[PDB]
Amino acid sequence: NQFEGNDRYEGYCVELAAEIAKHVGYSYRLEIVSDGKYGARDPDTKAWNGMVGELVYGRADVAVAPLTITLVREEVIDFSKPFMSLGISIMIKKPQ
Amino acid sequence: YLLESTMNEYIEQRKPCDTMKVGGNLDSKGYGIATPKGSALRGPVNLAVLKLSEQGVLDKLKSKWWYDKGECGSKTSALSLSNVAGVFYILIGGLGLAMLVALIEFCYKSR
Amino acid sequence: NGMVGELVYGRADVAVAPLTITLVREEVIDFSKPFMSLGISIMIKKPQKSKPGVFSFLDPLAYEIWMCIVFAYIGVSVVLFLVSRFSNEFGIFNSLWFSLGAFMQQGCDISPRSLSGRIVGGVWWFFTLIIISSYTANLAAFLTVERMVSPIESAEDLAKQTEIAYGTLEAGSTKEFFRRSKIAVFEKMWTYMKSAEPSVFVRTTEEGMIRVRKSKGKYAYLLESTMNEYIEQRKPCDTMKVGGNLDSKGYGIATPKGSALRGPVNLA
Amino acid sequence: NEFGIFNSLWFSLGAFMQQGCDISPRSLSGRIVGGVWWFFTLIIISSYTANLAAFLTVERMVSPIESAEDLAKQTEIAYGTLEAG
Amino acid sequence: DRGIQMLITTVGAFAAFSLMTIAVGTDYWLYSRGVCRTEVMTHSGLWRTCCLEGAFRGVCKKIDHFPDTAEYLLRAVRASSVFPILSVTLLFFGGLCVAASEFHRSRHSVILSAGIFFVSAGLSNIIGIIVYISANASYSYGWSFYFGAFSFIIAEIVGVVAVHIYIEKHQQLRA
Ligand SMILES: CCCCCCCC/C=C/CCCCCCCC(=O)OC[C@H](O)CO
Ligand SMILES: CCCCCCCC/C=C\CCCCCCCC(=O)OC[C@H](O)CO
Ligand SMILES: NS(=O)(=O)c1cc2c(cc1Cl)N[C@H]([C@H]1C[C@H]3C=C[C@@H]1C3)NS2(=O)=O
């Protein structure tokens, strides 16, 4: 509440967006996606939702979230080289 | 829960640390900076990411936001003193008791 | 020169080799998304399996337990003497002998007769039973346990010392990485490598592998983790990867800048 | 040198703790008591140190799942994912 | 041999007290890596942690002893350092009795009480060490630690000699 704008947030991707902006030489405002979803094409409507939807339809110019590189998404948006590796993993409650 | 390994690791490093990653990774992939198809930002962003990677910036950011968080920081092995400390407490307790009994048995026999 | 040269000058249309994605190369050729991850890593000649020490019989217990056993032994012996003189006989020398025999599970000529002497004796017997049982459990295992110790076991360790020479493949991504580095450790490493005579660099991975194998643990080869792992698994497997990875990167399928194959290759 | 109560207690304790004693029973009934107590001691102490060795060497707290296949094979644990991910 | 025994006792009592007081005061118990907070190689003691490398070399911060009943008790006992302090106290009273044995000779029990104080001081010391090491669960022990250990050894030697003095006294005056 004491802060306003892009300075309201912190985290890995916040600093990454800052550094990218520095290197590229542009100003930016961090808009949180409205849907709160990462991105998927609804098979019935064929509409992209979430961050991917926001990118495609023109409402946003970049996405600096933990957005996974996938074939379906690469067909509709451009991705840079990966900035972090990962895999699908299982999370279980630790026994006592 | 099936989630991405990065989030899984971050969660497992924070209280209430009752969750844990099991096994390996089901596949291998990565996050990318996205842009609209036919954008003019595509090339510069790619080059920026390469610069950031080669300069250790991404490494430092990862190390900062994952490892340094550490809300909870948690086959011939030597026994440690902590494993047997109880036997030492009993021992010194017993020596104390023996000295006490000896003073009594004295004072009783002195009177 | 090499594959990148061929791509730039138009001699080829694609490169499907283990070509590292780097900034300098990205400015002249178009890379795909990486198809394999790697990092820079250290290969050293596998050290000999160290035989356990002359004093390996101490190994089942931490040093601090041994120290505390010794103080406990003195404590018990002094308190025994004291209580007995307050009550052959338990002078200090015999108290020391009694305690030592109790601990070693031997017994000796004398046993306490007083109540306080018997309390001391009883708790020392109990202590002995717990500690000796714990010590003797796995003893033969500790006496026969070989542990290989790496000379360096880190990048910093390799930078600090000067007895082991370390090199790279030249005209490779790793050499370029070290040359253009700004990190303290890697700048130090490069300053060393540039000046070192004879040249620490090699022409081929096989060359570096042979150099580590024939240098009797005086050469450490800096190569990509994928090749390192592959080699370390092959016979005679007398090499070993030491420490973690110095960085993170990946191999990409290259194409000449402005190629028509760029998009299809990425999607493939 | 005789088996009054305090020396009886001391004899028994030494036998149990594997130390031995000043004194040993000489009568038949004393030796019956001593002999069964020696037997009891040998079983119980041996059981303690046998089983102690086991506790000092067990270190494999094995997870039920340990892999994807083990999650797929069972049906007691439900596993999900994030939507639109 | 009465003179030599009393010399050993008196010098020994002073030695043990000095060593133990230094040890409790000084901060070279443990050489571990850590942070003096304005990780780096530090030297710690019972009370303080202090840096040996960097810009903050010589900055020294108070230990947070408190960052299960058994765990709580261990933390409490470690925090207070009741056992090392009790060892210093008992060594103080032992030395006091040793001094008093020269003046008021009429009561023999004074030198015996010195003996009992020194023996007890050593037992307090052992408990201290065990609590210290147990609570700390790469590292190494420094010279303050070894001073505590040498204090234990000397205290036990002096306890033995004091008790011998009293025995010689009760064996001379009965006959
Ligand atoms: C004349 C004969 C003289 C007799 C001389 C006596 C010495 C013999 C041995 C004493 C063992 C010590 C007793 C150990 C008891 C520990 C109990 C304990 O700690 O219990 C924790 C509990 O399980 C909650 O977790
Ligand atoms: C010289 C003075 C005399 C001293 C004498 C005392 C020594 C006693 C020792 C051991 C008794 C153990 C005997 C236990 C044997 C019982 C089991 C058995 O024999 O068989 C079981 C059954 O027949 C099939 O299931
Ligand atoms: N440490 S990490 O896992 O966050 C991480 C992961 C990666 C990094 C950098 C870091 Cl710091 N860089 C690479 C990038 C550099 C060039 C090689 C692969 C891409 C382009 N992506 S990655 O291999 O996914």
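Order of the sequence lines fixes the chain letters, A, B, ..., with proteins taken first and strands second; residue numbering starts at 1 for each chain. Cropped entry; intra-crop contacts only. The figures here come from the full heavy-atom set of this structure, side chains too, leaving out hydrogens, waters and symmetry mates. For ligands, and for the atoms within them, numbers begin at 1 and follow the listed sequence.
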*Asks:* What is the PDB name of the drug at ligand 3?
*Replies:* cyclothiazide
*Asks:* I keep wondering which chain grabs cyclothiazide the most here. What name does UniProt give it?
*Replies:* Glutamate receptor 1
*Asks:* Identify the other chains in heavy-atom contact with cyclothiazide at a 4.0 Å cut-off.
*Replies:* A, B, C
*Asks:* Name the organism the PDB gives as the source of chain A.
*Replies:* Rattus norvegicus
*Asks:* State which other ligands or ions come closer than 4.0 Å to cyclothiazide.
*Replies:* none
*Asks:* Taking heavy atoms under 4.0 Å, what residues and nucleotides bind cyclothiazide?
*Replies:* A/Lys81, A/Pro82, A/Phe83, A/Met84, A/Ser85, B/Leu50, B/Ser53, B/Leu58, B/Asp59, C/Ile21, C/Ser248, C/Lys249, C/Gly250
